[PDB]
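In what follows, chains are A, B, ... by sequence order, proteins preceding strands, each numbered from 1. This depiction is restricted to one part of the PDB entry, and every contact reported falls within that part. All values below were derived from every heavy atom in this structure, side-chain atoms included, with hydrogens, water molecules and symmetry-related copies excluded. Counting starts at 1 for both ligands and their atoms, in listed order.
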Amino acid sequence: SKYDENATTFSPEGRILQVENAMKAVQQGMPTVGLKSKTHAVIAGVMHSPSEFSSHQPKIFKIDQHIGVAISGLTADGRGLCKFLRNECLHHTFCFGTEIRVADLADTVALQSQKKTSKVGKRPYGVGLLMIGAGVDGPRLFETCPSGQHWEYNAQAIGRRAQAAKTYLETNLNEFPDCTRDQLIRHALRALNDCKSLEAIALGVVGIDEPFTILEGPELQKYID
Amino acid sequence: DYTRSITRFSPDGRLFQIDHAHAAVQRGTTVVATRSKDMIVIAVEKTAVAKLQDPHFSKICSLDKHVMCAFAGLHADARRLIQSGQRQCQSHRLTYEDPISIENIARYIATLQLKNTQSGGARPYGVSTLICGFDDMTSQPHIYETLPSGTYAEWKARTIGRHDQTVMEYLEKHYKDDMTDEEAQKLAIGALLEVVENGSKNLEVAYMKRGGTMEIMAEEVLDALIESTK
Amino acid sequence: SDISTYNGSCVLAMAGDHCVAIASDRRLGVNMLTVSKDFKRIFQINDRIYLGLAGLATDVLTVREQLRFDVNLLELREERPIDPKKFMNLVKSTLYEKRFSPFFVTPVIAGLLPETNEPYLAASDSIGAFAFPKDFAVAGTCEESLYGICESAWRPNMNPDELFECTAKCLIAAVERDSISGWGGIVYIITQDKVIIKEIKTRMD
Amino acid sequence: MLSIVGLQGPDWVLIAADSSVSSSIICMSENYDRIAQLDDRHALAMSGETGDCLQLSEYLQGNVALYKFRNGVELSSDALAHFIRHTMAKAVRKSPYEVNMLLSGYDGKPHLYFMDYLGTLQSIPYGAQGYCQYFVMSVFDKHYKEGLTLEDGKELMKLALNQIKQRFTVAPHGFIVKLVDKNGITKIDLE
Amino acid sequence: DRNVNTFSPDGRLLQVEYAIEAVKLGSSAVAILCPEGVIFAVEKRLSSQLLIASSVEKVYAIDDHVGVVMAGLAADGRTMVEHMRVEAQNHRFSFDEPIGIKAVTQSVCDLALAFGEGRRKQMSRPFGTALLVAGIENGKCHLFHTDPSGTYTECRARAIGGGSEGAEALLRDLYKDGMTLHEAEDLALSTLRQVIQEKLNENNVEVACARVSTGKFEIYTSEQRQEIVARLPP
Amino acid sequence: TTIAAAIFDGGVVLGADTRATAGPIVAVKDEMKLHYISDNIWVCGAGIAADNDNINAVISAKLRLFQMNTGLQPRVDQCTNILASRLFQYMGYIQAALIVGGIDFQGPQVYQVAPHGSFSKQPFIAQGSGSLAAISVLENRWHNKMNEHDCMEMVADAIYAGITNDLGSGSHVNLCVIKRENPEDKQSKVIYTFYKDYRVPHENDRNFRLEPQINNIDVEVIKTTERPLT
Amino acid sequence: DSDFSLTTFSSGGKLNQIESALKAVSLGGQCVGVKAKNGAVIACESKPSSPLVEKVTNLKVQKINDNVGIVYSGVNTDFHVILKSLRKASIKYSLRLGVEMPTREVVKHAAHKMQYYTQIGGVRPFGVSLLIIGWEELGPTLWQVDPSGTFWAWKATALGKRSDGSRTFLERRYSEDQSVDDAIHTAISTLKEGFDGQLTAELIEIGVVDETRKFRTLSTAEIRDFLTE
Amino acid sequence: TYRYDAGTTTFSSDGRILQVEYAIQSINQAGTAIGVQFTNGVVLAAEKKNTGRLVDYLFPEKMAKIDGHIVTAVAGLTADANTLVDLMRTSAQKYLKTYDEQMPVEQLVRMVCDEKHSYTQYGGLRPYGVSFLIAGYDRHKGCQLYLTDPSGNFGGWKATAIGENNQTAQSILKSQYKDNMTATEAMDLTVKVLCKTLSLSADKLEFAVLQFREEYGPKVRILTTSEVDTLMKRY
Amino acid sequence: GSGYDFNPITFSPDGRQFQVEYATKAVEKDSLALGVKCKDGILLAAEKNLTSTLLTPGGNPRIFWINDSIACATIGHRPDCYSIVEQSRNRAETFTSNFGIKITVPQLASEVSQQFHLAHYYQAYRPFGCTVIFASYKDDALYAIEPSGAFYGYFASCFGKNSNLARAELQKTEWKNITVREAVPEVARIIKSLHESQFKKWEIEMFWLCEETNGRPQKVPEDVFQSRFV
Ligand SMILES: *C(=O)[C@]1([C@@H](O)[C@@H]2C=CCCC2)NC(=O)[C@@H]2CCO[C@@]21C
């Protein structure tokens with residue numbers, strides 16, 4: 001409590017309490033789920049509707065043609081990170097002319113978040129990103145943390161009620177590598193359904209040859225069964 | 001450079017630094033700006049040692065030949081506001097050749113105060129400013145009150161500084177929708193006198209006539225109007 | 001042609017018997033055109049220091065004002081008048097700070113040493129290459145003419161009258177051979193007691 | 001190479017300027033007011049590219065007004081002249097204003113200053129910027145008398161402008177003359 | 001804590017939540033979207049009759065097609081609307097088209113959370129203003145809500161200010177997707193009147209419509225505000 | 001200009017003419033081209049007089065500050081490195097062709113530094129316009145471990161050769177003999193003896209002058225005013 | 001961001017950091033200065049950390065220029081920084097004006113630097129008080145420069161350890177008519193008064209400005225010559 | 001960070017910058033400085049902060065010249081006073097370079113007060129704990145005397161005081177100050193007010209006499225120790 | 001306890017850098033990673049206690065490439081771990097830009113310890129809660145930098161939880177006597193013996209730099225040693 005002053009302050013236990021507060025800010029975001037097959041990767045999430053007549057706040061974003069990120073936490077910080085990631089993809093498609101690897105984007109966003117947590121006067125991004133990419137590296141899923149680190153996953157859940165989604169993913173973890181695009185999307189939607197408190201769920205799906213695309217609302221009806 | 005975010009929100013949602021800047025304003029001398037169809041009048045009460053100092057240090061300033069400006073609050077923060085406002089009037093002339101709109105210059109002063117409320121390492125101006133003047137582009141005299149918060153609002157008759165609520169009540173009671181220039185003078189003078197127990201030797205009254213510059217009321221005409229109001 | 005030749009100037013300083021004499025043409029010319037005959041090129045820098053700036057009128061005024069800024073600041077911060085040698089080094093610093101965008105004025109410092117009252121002439125080029133002639137310091141577009149006339153004419157130990165005599169005559173000879181210089185002369189005789197400012201008559205063509 | 005001519009009198013200053021603005025070989029306007037009224041007391045005739053003259057005039061007028069408003073005192077004619085000189089001295093070395101000016105001001109005393117793009121400041125009884133000086137200075141020298149009346153002053157300025165019209169190859173199609181006196185800057189016609 | 005960009009143990013930016021509170025201290029404003037247009041009805045708080053109502057305008061036209069109503073700090077909202085106007089004119093300059101409502105909303109939101117402290121020379125605190133951005137894009141009216149946190153959401157109906165929660169509760173059973181612009185104006189003014197502490201009048205209210213038929217965000221005049229307040233059931 | 005420094009057994013002899021020309025005209029006939037750097041180091045410079053004077057003053061200040069802070073005797077190679085770096089960073093625009101001549105723990109050292117920053121340790125060096133006329137004497141009369149007087153005469157004769165053969169050089173030969181106060185004691189204090197006007201060529205003096213100076217210019221004084229000197 | 005000023009006025013108008021730096025001066029080693037008719041003197045009790053210290057390597061009495069000299073009391077490193085700055089200012093003054101920086105100009109530059117460090121942020125005031133001697137036109141001058149940047153001019157003063165007792169001693173045993181030798185004797189006696197045990201020429205450094213108007217540090221031989229008498 | 005920051009450029013619950021109020025209190029703890037305007041000049045007087053049997057009163061401590069027409073007495077931190085006097089001298093000479101005219105007194109006072117205010121509103125730095133009695137002459141407003149504050153607030157005063165017992169000195173001036181006084185009368189008034197408020201040794205006092213003469217112009221002379229002693233012995 | 005633990009640059013009255021000690025605590029919390037120098041190369045083995053079974057098998061690296069000859073095992077705060085990895089890559093690239101050759105682990109460790117030290121030496125930085133073991137066979141170097149910035153070459157380094165026991169076990173083997181392929185089973189046995197039962201799923205991320213890799217960093221192939229365990 002007394003050491004929860006800055007992101008630059010270590011608590012006597014080695015913990016950065018402001019970093020942990022930002023991580024909790026991510027854990028307070030709406031349920032986000034990511035999956036990874038040998039051919040496709042999926043990010044889905046129950047978008048948040050602050051008001052009854054307000055639309056669901058977009059949660060899935062397309063960083064590059066085969067890269068997308070699902071934000072969980074401060075959506076403004078998520079948009080800032082999306083801007084940064086799109087700049088990184090545009091400078092990798094400028095310097096090298098090809099699409100960056102989602103692993104490199106995870107590295108860059110982790111570096112930026114760590115620099116936010118290592119210099120005073122900066123706050124960790126209050127948003128965690130489930131980034132799915134596809135390329136020469138294959139489909140890859142990364143959960144980037146406010147602390148400045150990204151964890152590579154075959155599946156993952158973050159935000160609120162994400163323990164049920166994590167349990168579902170653990171149960172079906174060995175199914176995912178062979179799951180087709182349609183089956184991976186179905187698994188994503190059925191991991192989110194366990195988190196239900198659809199027109200709220202937005203799902204970005206990418207493949208090795210399939211460019212990243214965002215499906216929302218009725219477009220996902222075919223993947224419920 | 002130094003950026004300590006002097007102005008931050010409180011749990012109840014208040015910028016305590018803006019409250020303190022308003023307190024600084026409310027310890028400043030009373031200013032009363034009133035308008036007529038063709039003339040604006042500003043009356044600032046003056047606290048001074050008449051036998052030992054020159055009363056020529058005026059709260060009323062002229063940002064431009066058409067923009068009159070009075071203030072309540074810290075005289076140094078007000079001097080900075082007036083200096084920046086004069087610079088902005090001349091820069092608007094440089095950039096447009098047209099006299100700066102009274103709304104434009106009032107917005108600029110309010111935005112200066114607001115930037116001080118927003119810039120780290122910058123103390124909000126402890127000054128509330130009455131930016132008055134005439135626009136040929138609108139054919140309307142204007143009197144805007146810019147606050148330390150950076151909010152500016154046009155008024156038919158506004159007062160700032162100490163005793164601002166009593167003078168506001170006086171203005172509300174004795175305001176006419178279509179006052180003549182002398183009626184505006186009488187309203188401003190009487191509103192200031194309602195809290196001041198001294199005549200011309202204390203009050204300072206300036207005015208701006210349609211398509212005119214700022215003229216400071218004499219110590220003879222001011223006293224005559226004071227007696228007429230009483 | 002040349003920027004220095006734009007404003008014709010002719011500044012002279014001579015050393016006498018415990019007295020200096022700084023004379024200057026009074027013409028503000030623009031190339032070949034006479035604009036004024038009341039142009040001040042000699043400025044009093046201190047009670048016993050006079051500075052004649054022979055060169056571009058722009059840089060004459062700029063350098064004079066910059067050295068009045070420096071001398072006033074020095075005398076305020078030190079409560080003491082600036083010495084002729086201290087002011088010479090100040091002018092050298094001022095010109096060499098703009099060495100690579102030089103002022104197009106050659107300064108001529110005519111002063112008297114604070115205590116000994118000895119003559120002190122100090123003429124530099126545009127960039128503060130100060131010389132300290134014990135006899136005469138010349139500057140301006142009449143530089144060759146002034147050098148020639150003062151080499152033969154200047155004599156040691158000239159009293160204020162004789163020092164004025166050559167300062168005026170020698171400057172007249174210089175300006176009358178310079179087309180862009182002349183139109184009246186002004187000679188400041190600096191002595192122990194008084195400064196005598198004599199406006200001398202030169203050719204007005 | 002525009003013809004601006006100043007003539008200082010005992011208690012007035014007649015400042016005239018070429019009223020013909022031009023683009024290349026085209027006389028765009030025949031009544032362009034090249035004289036800039038920086039203050040109610042000071043009229044600055046400017047010879048140079050119309051854009052440079054306009055920008056410098058606006059900068060100087062804004063600075064004069066800013067001095068009048070910041071401090072409750074108006075610049076003198078010597079103070080304004082040296083402020084213009086400082087501006088030109090700054091400009092020449094870095095980003096030069098290619099304008100040669102005649103600053104005519106009345107602050108209880110008539111003043112006429114010969115100013116150039118470099119920054120040479122000189123109070124003059126009469127003068128000109130452009131090639132017109134080559135034509136008008138002599139006429140002033142020939143016909144200027146100390147204590148010249150305002151009517152004699154207008155006659156002498158008219159003579160100088162007529163000399164510009166007659167002998168200068170690029171004869172200005174007309175001049176705008178302004179009288180700077182205790183009453184301010186008033187535009188006049190010399191006929 | 002004690003620094004602006006600090007996270008509570010609950011995972012909230014404390015300055016952001018306090019700016020949300022500041023918005024809750026601002027004047028009420030109801031934005032009702034209907035297929036014909038988006039209608040703002042805003043409480044103009046007049047501390048005196050001498051206060052020129054047109055000068056405390058809580059509604060700002062960002063562009064011809066898009067407008068904005070503020071709640072909270074009028075000066076921070078002025079900064080936000082200034083940024084939005086610059087963004088709209090820059091977008092018209094760069095892409096020869098009106099800026100999308102979502103696009104300008106996202107731009108001002110990105111500006112919103114760029115506050116910082118402790119780093120050498122930026123705003124030092126979040127904007128204490130929530131905007132109801134609305135406008136006509138591609139023959140459609142779009143209504144967006146920005147709050148100090150920098151999050152924006154598209155809204156069919158929204159409320160910002162002191163009566164925001166009560167206004168939303170009243171809108172629960174009062175708002176429908178197919179209302180006419182007449183009905184949208186009536187609902188906005190009714191909700192505002194219900195969530196303000198003074199009798200509704202044309203002078204203490206500001207009404208503005210991003211109208212699809214005109215394709216423009218106009219601000220209603222006193223006559224139009226009277227034309228709406230007259231129809232209200234009270 | 002003719003500047004020439006050589007190294008004799010006990011030290012260094014630097015020499016310079018005293019003629020500064022403002023083009024084809026001899027501006028100065030007693031110009032000082034030998035610049036004191038430190039008690040052990042003197043630089044005789046050619047090129048632009050302002051550049052030489054200023055760079056020598058600046059490096060003398062640098063080495064005086066060095067000797068003060070560090071208590072260390074400035075080194076001739078140290079002075080030469082500072083001079084060469086400064087002249088290189090100005091890309092030869094500081095036209096100061098310098099000859100550093102000093103005595104440090106490494107003994108008597110003479111370095112040349114070109115205006116562009118190219119330095120070189122040489123036993124005898126001649127720079128300036130008459131540098132060739134001087135170097136001839138230096139080439140023919142310099143030998144390893146010559147005594148002080150022979151090196152003095154050689155450097156003076158080289159400066160005189162530059163004076164007579166070169167138009168840019170003339171007037172007198174100023175010498176500066178850096179030497180250890182006790183030549184037999186290599187650790188003794190390095191002192192300098194400056195021989196101003198070491199050579200005053202009599203054939204190069206003003207040999208004629210009108211005893212009655214003939215002048216037919218009469219001064220007409222327009223106006224006279226006398227002002228006190230205080 | 002540490003650009004905030006750590007030297008700030010306290011509730012009563014007392015710059016606590018200035019008082020703290022002054023206390024650092026008061027525990028920084030006694031240094032005395034005495035202004036004679038024909039010169040000035042500044043000595044200090046420079047007792048080394050150990051007999052193994054080489055005195056010349058950390059002389060407390062130092063030259064600012066040919067005419068001005070400085071002794072200090074307080075943080076040795078702060079004095080060295082101020083001394084380098086003052087010597088650099090003097091050489092700059094020589095470059096711009098051809099003469100050594102005047103004594104009062106050196107004092108005012110030291111005072112300006114110290115005030116600057118008492119006002120700008122991220123720094124503490126210099127924890128040294130400087131006794132600067134040098135000649136002005138009207139004669140020799142001794143100047144105290146405090147951490148605040150306020151500079152007294154003294155006929156005599158001590159400002160280090162037990163400096164109150166030493167200043168009372170100077171008040172009691174100082175006369176204007178003292179010569180430079182008399183001033184050196186007065187400074188040595190003041191150091192003896194405020195020093196425990198027998199004073200030694202090794203343990204004190206003396207720097208004097210005399211009729212020559214040039215500042216010179218007395219060698220240990222000269223200091224011992226003065227002590228023996 | 002900012003744990004050990006004093007909020008020098010931050011407002012207090014009352015609305016006054018507590019660092020400016022503490023600077024004002026520091027001034028009130030400093031030697032009294034008094035200014036009095038007479039017909040064609042202003043006399044400034046001050047009490048030296050460094051006053052001992054050993055202190056050598058070589059040069060003015062509280063009194064400084066800003067230009068040939070402007071002089072300043074100071075109450076408060078003498079170091080901040082020296083810094084702002086250097087800044088004022090540079091500003092006056094800058095105005096002279098720009099306009100070839102002596103800087104108007106009100107504009108130099110506004111410049112030093114803008115500096116002092118900037119230290120109270122930006123940068124989180126310590127305020128200038130000095131109050132200047134800036135006496136001077138300009139053609140515009142004749143001879144003027146301005147009282148500056150650490151806040152950056154200034155006001156013209158016919159006669160005023162700052163420092164210790166500044167209120168007592170102000171009351172004495174109010175009871176005794178006359179208009180259109182002579183240089184001698186105003187100097188004697190300053191002596192009386194100092195003697196009553198303030199010991200009283202002449203060498204402990206500093207005097208400067210700005211005087212505008214149509215012939216010589218505005219002349220500033222800071223009275224030397226001999227002049228101060230002769231003037232005080234006359235009371 | 002006392003307040004000396006908030007500012008990284010603050011020293012405890014015992015000379016302890018409490019923030020550096022807390023960064024070291026962050027290192028000690030993490031699962032142990034170690035490195036051993038062997039005859040054929042250097043083997044870096046990082047224990048990855050997989051928090052979730054969903055983590056990619058073989059993903060989430062703790063050993064990183066720094067150069068085509070330098071690998072980097074990382075312990076502690078993984079954000080700081082990868083920050084230091086990327087800063088080491090940048091330092092190697094800058095070293096190549098300035099000097100052309102590829103950096104060596106000793107001087108790479110010095111350059112990165114410079115950043116480690118700057119973190120707790122200048123304010124406005126957080127000490128890196130990570131220990132980085134740079135290994136290079138081509139430099140025969142195994143240098144571990146600690147959170148303080150203390151870097152030492154090791155014959156066998158190890159940091160993290162149970163690092164003392166891991167070092168004690170590494171001490172039992174003369175690693176240079178054996179090659180990397182026979183070192184892998186020994187290190188794997190060490191970590192498995194120290195692996196805590198609470199972590200069911202986990203991995204041994206082994207990398208080696210050897211002649212078999214031509215000195216290039218390379219993850220130990222799965223066939224050689226299946227890194228994944230249950
Ligand atoms: C010498 O090179 C020379 C002198 O003015 C000389 C310059 C440097 C030291 C001071 C005196 N430089 C010149 O420009 C002329 C040209 C011929 O050589 C000069 C006399």
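Per the PDB entry, the macromolecule making the most contacts with ligand 1 here is proteasome endopeptidase complex. As for ligand 1, the drug there is salinosporamide A (bound form). Within the structure, the other chains placing a heavy atom under 4.0 Å from salinosporamide A (bound form) are, by letter, F. In the structure, the covalent bond to salinosporamide A (bound form) is made by F:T1 OG1.
The PDB lists the organism for chain F as Trichomonas vaginalis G3. The binding site of salinosporamide A (bound form), defined by non-hydrogen atoms within 4.0 Å, is formed by F:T1, F:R19, F:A20, F:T21, F:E31, F:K33, F:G45, F:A46, F:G47, F:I48, F:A49, F:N52, F:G168.
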